[PDB]
Amino acid sequence: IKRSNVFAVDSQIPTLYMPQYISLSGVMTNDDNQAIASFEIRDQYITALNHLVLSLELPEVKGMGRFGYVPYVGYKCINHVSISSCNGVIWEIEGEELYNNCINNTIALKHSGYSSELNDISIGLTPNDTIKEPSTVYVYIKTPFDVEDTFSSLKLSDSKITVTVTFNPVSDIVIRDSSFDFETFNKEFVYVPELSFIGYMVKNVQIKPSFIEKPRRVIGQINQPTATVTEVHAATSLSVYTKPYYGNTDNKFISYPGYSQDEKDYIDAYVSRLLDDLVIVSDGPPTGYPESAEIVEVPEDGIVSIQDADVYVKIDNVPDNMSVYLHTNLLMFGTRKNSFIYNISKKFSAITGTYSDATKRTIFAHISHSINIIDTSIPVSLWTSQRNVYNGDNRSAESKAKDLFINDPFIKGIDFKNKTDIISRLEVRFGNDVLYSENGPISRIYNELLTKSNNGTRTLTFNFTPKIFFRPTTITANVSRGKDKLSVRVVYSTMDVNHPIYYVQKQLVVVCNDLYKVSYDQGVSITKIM
Amino acid sequence: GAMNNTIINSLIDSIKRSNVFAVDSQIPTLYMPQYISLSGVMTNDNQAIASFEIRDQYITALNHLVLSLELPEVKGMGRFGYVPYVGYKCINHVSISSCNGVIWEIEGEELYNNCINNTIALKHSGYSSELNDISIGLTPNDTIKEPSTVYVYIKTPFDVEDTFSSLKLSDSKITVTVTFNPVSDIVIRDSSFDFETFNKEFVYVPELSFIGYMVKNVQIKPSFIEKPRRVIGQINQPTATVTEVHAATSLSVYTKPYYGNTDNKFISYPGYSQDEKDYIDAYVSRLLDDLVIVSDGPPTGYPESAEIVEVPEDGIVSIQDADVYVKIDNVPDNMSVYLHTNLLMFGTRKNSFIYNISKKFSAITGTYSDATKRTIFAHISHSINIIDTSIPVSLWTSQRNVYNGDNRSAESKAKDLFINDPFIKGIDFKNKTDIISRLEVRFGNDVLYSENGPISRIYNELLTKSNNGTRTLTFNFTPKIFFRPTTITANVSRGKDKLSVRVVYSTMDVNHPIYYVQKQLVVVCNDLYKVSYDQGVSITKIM
Amino acid sequence: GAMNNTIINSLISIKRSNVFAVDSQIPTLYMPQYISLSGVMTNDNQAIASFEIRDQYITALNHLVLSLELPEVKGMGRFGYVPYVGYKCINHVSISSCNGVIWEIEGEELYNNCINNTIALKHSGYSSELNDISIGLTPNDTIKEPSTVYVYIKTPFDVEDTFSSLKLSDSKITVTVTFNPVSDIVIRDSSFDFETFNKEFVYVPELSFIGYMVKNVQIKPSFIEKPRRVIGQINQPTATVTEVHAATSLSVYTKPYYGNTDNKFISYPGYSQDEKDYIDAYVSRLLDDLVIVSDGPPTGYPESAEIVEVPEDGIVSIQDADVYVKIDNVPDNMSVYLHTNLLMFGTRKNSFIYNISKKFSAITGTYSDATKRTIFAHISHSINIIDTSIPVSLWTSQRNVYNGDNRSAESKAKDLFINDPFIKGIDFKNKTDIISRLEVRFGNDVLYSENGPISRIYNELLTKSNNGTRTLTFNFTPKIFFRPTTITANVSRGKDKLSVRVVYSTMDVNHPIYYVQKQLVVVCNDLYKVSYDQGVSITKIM
Ligand SMILES: CO[C@H]1/C=C/O[C@@]2(C)Oc3c(C)c(O)c4c(O)c(c(/C=N/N5CCN(C)CC5)c(O)c4c3C2=O)NC(=O)/C(C)=C\C=C\[C@H](C)[C@H](O)[C@@H](C)[C@@H](O)[C@@H](C)[C@H](OC(C)=O)[C@@H]1C
């Protein structure tokens, strides 16, 4: 019997080439006066390239107040990336989409800026105090040219390749308090980029045409559950997700965990911030709180009843001249005077600790509560919104002054962790006919399983064929029949009107990957498959 | 320029070269995928059986089977929580069959074992603090657990090479049958919880999803499939045999505990936190309540068998050869510090060796709270292991014990939890203790393989990139789907048609309760079958 | 719910490749077996294990795993094993035949190749049982229980399983394993009897491999990458690799040299190996001498120690640095004291001082009447990974105008000996980047230069590793199925060597870390051709 050899193979002689890591400085242009970096790659010996890495020199941050960078700061800096030739754009991506494509890559995410040095909230006490030390971050600009290394690489057929990087405002990548002088920081801050790539000098290159997937995104109107992608002729995939819109707020939040980014870390940071005003050890009724505040003295039993909710408060080593007090309405929301009230104090069941005579403060030991990721994600503006018949924010001025501005451009869902799924039903139509529909997030489950990711989206994959070696499988259009567009309609999950999160404005994001043919006939050019 | 002169000169034509910078983009088979979800037909030894029928002219092929399950709202009084990876634990057996019979089938535990290295699949099946932490109900209408939906990835051989490996429907009807384990297996609860009503009210609500493919002019070729078979040996017996082995790709060997001789009750459980340290810390925390007592005079509410001793001025309490250092701050003048010297004890003879849990503690420090009237422990020095946390309560009070055994308070005993997890391995909750001292595999009369160390487990973990492997003998190192798998071939005439497994178990102390944990040997064999798509899908055992 | 009408209508002459079915090819008839062998131990009287593989059945092999039997450690003192103990045991591994060495690697290079394999690292010995520092109280007390560790000897024969496997053409294959002294793999204090342990300790190895009995094997020649390392002279920022004719890659990194010290360190975190774990362990060790609750001025400290009573406001000023100390439940007869110069360093009197006490800003806690000790709650400090990595010898060096170590005798007795052979950079985590510039010359011409560690970023990205090195990769061609792409020599032009020049950043002379010696490591992977014609043999590509 004829047998295939599994113990030996003919070591084929490959194309004669030589790689080199090339680093280039850019040309900065302020064009809405947005920072734009341009990198021109033109050399007769750079035959092909891939693995684009953009480095960024973050400056020394000096002065007073609270300051920190958003996690994966390097990716958050990116607004748009374009790779173009003389014939036009070869490939381009939106900042968030590049990040989404790199969310599984722990190494790329770490390189972009994910450390306690960068992401923890540091405090500066004097005008010449160093808040943050200068650092360099590296952003892996993942392109379709990296899929199969040399086989997939961008070939430069004697053409000039321009890599354009559009940057987001520094407001988006920074978490700060009112005390921090952001006005001066915004004026003084400048993006310092450098583009690196693996260049290949190839001897007698044999160029063949290839296929590329170019992502397109469409953002629907504020609170609009529909979005449409026009002129769809050959699509490999379609992703659907939601983003919050905070334009109706001052983008201020009570707490932030810093480098520690788990759901529990977000919750613990919030609890810690509230505990300062929640349980007070004072000689007589506490002061510095608004008139709307209902601070009740804890009885001998330790139980304070806020309607049907019982809060057990027991503090050790309390001085004889002092008493234990509980703020029964620290944060409250109500649309009507005779409606359900969402009270944050009611989310606490037990608070234990010991009063320190030396530092004159309470040292909390164990806290029993029901605080969730949504509570930590509520903007402060929504607690004091017009819709609320109550004051809302009954915290001290000291606590309110510690509030942080978060303008992270890549937030998904209605919480900081994208934990809460707000899509109750998804409907995708090709033309007018229903292409796909679901009541459960089964497309997200398949995305997470097939891509081995923990942070996936509701994705419809049409290409299950191996990349580069095969022409990708695409959903083909029929203009005559009307099937030349992908229309998405969602049904948002119904939330209680008396909860502050109900008023978070939502935006539907639809991402479509269209197939293009790469032609190298007299320069690099792409053609949309139609 | 950008390229260095040294590189340029080094490069700047006679030999034939393979192109590594470009490739001919081959046109693939014209197809269209679709995520299809189906509702089942529920049937009821009164075990739940869900049936899903897949029959469509246009569903040419399928793969990536995912079973969703709607978990109900749990209301009432008592302690309740779901086992980790609840979705997998629900599964007793999965079968994929056609008109010609079974195409592929797996046992619940084997599907779980095949998915243990997939963190995503495990998370989807139900692994969260919301599901797995032990929640408490205070009133008959208090919500213990909120309704949730779990997703179970039914990994099949059809997913290995995506479209290439997919199950081709030769215009035949495919039935997917799912047999469910009793709800007792997936739930951790105390005595206070009304399990009787819960068992009656609970219903499995499944839904089968799969990636279906509509293929234009499909060119079908025959393929090969590995079907797993398991053999469970007799209780406490160190042998098991898999008969009729003809063409096997692999053989796995592991141990399972048997708790049929117990009420399946355990002192503690850590919840969502599943590390070895989490299991130990939960156990220590549960005992500390009755171990160190701050009371005005001798403590009450403990059995007569208990020996609660007052801690002397030096802080050292001697329990035979073991010294326990107990020092509690802010103790009221009217009160004293007491140590329970025999919280849990075991012995087979009146004056023999004694396994005392109190003796496993060396130092206990803390501060008494006047406000809450309880001790707040700071630092604990102990030698509590994963085995202690895995001892069923029944064994502490068994007939073998000359002592009372359980000298805990009634309050502590009432907090004990029922754990019926069907996929436990070894003699502890983490499968930490290796109880197999030697393993021998015999293919007839001749020794096929033998080992003193779990080097077969090390190879399994390395080759499968898994952290929780088993002693596995792999015979197929050939790439799957593209090649016919390599197997251990049988010689019927020489009696080499059966795989016999013999183990040498470790010897444990009779005065330690873990000695009485019954063991079962599990042997898993993957048999090679040929998939014939000639007039309906059918399988044939390679013999 | 079934196939949707839109999909059916979309589908309902060109040659198409079948992606739904494939011809299940009959492979070469073979049979694998996990074979385990015992070695031959030989004896600076270095331990060497030899494993001879020669069998008519064994046609080919791969996936070498070396197991090691760690003994029961009994007696007094503090003892622990280094993390990944199994890899740290290895000094060198060589696979040779009658024709000579087929492949060989240095201990550290094998570890470097396995650093991205979490499973291989766990198997080698990474647990609280092995790596935490355990204490022995009686001469017959068990410190560490006996355990078995498994070391995955990653070779080029594992890359493509059976395809890449080492073929044994009726030749005798010898696997030689050289072991590092037991001093390298063990973390211990002065109380521990290392002298007896070193005498009593014996390496107990066992080599396992996946062997293949192949029927009518069809052997073809292959290519192998053999790593070579060159260690530069102490603190010299240059190193050269000679006879470089065809190299697939070149790596550059730094190692510390502690030959000028007794290899003693104040603290070690144990199994917990994060940067924060190293810092927290150090802070915890200093805290008992830093803040003292005593009736009158504290005793048991050298005369050089400046222990100041904490004032009513809690602020103690050490020059420009203010330290806030507030301890609860302090007895009326006792006072709170702060050690203002626990560890200090300076090369000139009345100049800049590096004081560890000055690195603390706030210390809070509660005094325990029951245990007669302070239980610290919150500590605000600026202690870094470098502080935890300073050998004790440097604090009391001749360069220091001060006593340096003003800790108690109790604290000094708890100091641990760390001789880990695979440390990189100038700290235990290799956090501090000490290379400011890298220059690589092929012959006399500049092959590559960088000011930033972009070669390390590329290494980490391409190898999916979190702990990479400045690496220049020349081969981007798939392995086994293709002949690797390499740099080409030109003997006539003198281009047959790789010269590395780095520019190190300079430390402050008044910081003890300036006195930690450095060594430049350059690793070169040369291409060799594997021939099976009358035995297994390798030939260097020119
Ligand atoms: C499980 O996959 C296997 C199924 C095989 O069976 C079988 C019947 O089905 C195949 C499929 C489905 C392929 O898609 C394929 C392929 O795309 C490919 C070559 C050609 N290979 N070479 C021919 C001669 N050789 C000495 C050099 C290159 C193939 O033969 C196959 C192939 C088969 O033969 N690729 C190319 O032509 C090009 C343009 C580049 C290749 C680059 C590197 C070299 C390869 O990717 C290496 C790294 C390996 O990954 C593969 C070889 C896979 O081997 C393993 C163990 O994974 C193999 C596909």
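Just so we're on the same page: letters track the sequence lines, and every chain starts at 1. Both backbone and side-chain heavy atoms feed into the values below; hydrogens, waters and symmetry mates do not. As the structure lists them, so they are numbered: ligands from 1, and atoms in each ligand from 1.
- Located at ligand 1, the drug is listed as rifampicin.
- Among all chains, the one with more heavy-atom contacts to rifampicin (ligand 1) than any other is, according to the PDB entry, Scaffold protein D13.
- The chains other than those of the drug that have a heavy atom under 4.0 Å from rifampicin (ligand 1) are A, B, C.
- On the PDB entry, the origin listed for chain C is Vaccinia virus WR.
- The set of residues with a heavy atom less than 4.0 Å from rifampicin (ligand 1) is A:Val9, A:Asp10, A:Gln12, A:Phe151, A:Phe469, B:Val23, B:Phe482, C:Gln25, C:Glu160, C:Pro478, C:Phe481, C:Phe482.
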